[PDB]
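Lab note: Uncharacterized protein, cefotaxime bound.
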Amino acid sequence: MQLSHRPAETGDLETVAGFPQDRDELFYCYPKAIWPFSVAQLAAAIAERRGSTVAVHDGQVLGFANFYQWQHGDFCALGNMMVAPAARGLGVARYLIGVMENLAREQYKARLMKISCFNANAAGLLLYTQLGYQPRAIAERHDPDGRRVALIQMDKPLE
Ligand SMILES: CO/N=C(\C(=O)N[C@@H]1C(=O)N2C(C(=O)O)=C(COC(C)=O)CS[C@H]12)c1csc(N)n1
């Protein structure tokens with residue numbers, strides 16, 4: 001995979017908004033959103049966050065991520081981690097997570113990256129573990145049907 005990255009642009013919105021394939025996927029990556037996802041919801045997120053970044057391979061936008069919390073000299077918290085359905089398991093998330101770790105270190109002088117992953121997302125839990133994130137706490141949250149879910153709060157020192 002010959003991946004590159006750059007800040008997200010207006011022209012990328014419609015592509016990225018296409019990535020979540022069902023309510024579960026949308027909830028795992030953006031729990032405040034409402035299905036169906038839309039460019040307007042994505043742009044709202046981008047406006048209130050920092051670091052929105054796309055990953056590109058062979059002229060295609062295949063991944064997106066940003067920070068929903070950032071604290072200079074401290075930590076950032078990774079959000080909106082989305083991958084195109086034709087590129088799942090090919091290393092795009094792993095790549096973009098590395099890019100975002102660098103951006104957190106270099107631009108925000110972060111010592112830590114935080115990632116919160118919902119219990120049902122096994123693939124995410126195992127990816128973040130492979131990348132060196134450790135579980136720190138479990139929080140009770142609710143899904144769109146009002147059912148209780150467990151949010152696993154993980155972190156990793158940067159360097
Ligand atoms: C105010 O806090 N309430 C939360 C909560 O922790 N939201 C946070 C947020 O924004 N996150 C994103 C996010 O929107 O980016 C992701 C997605 O993480 C990745 C790695 O894609 C995982 S949950 C976290 C919450 C969650 S469910 C619920 N009923 N409340």
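The residues of the chain are indexed from 1 along the displayed sequence. Heavy-atom basis, side chains included; hydrogens, waters and symmetry copies ignored. Just so you know, ligand 1 is whichever comes first in the structure, and atom 1 is the first atom listed for that ligand.
Heavy atoms within 4.0 Å of cefotaxime (ligand 1) belong to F27, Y28, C29, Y30, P31, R49, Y68, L78, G79, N80, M81, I115, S116, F118, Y128, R141, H142, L151.
Taking any N or O of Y128, backbone or side chain, none lies under 3.5 Å from an N or O belonging to cefotaxime (ligand 1). With ligand atoms numbered from 1 in the order given, cefotaxime (ligand 1) contributes 17 (C), 18 (O), 21 (O) to contacts under 4.0 Å with heavy atoms of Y28. At a 3.5 angstrom cut-off on N or O pairs, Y30 does not count as close to cefotaxime (ligand 1). Heavy-atom proximity to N80, at under 4.0 Å, picks out these atoms of cefotaxime (ligand 1): 14 (O), 15 (O), 19 (C), 21 (O). Residue contacts with cefotaxime (ligand 1): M81 is placed with a nitrogen or oxygen under 3.5 Å of a nitrogen or oxygen of the ligand (distance criterion only). Per the deposited entry, no covalent link of cefotaxime (ligand 1) reaches a chain. Listed by number with element, the atoms of cefotaxime (ligand 1) under 4.0 Å from a non-hydrogen atom of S116 are 18 (O), 22 (C).
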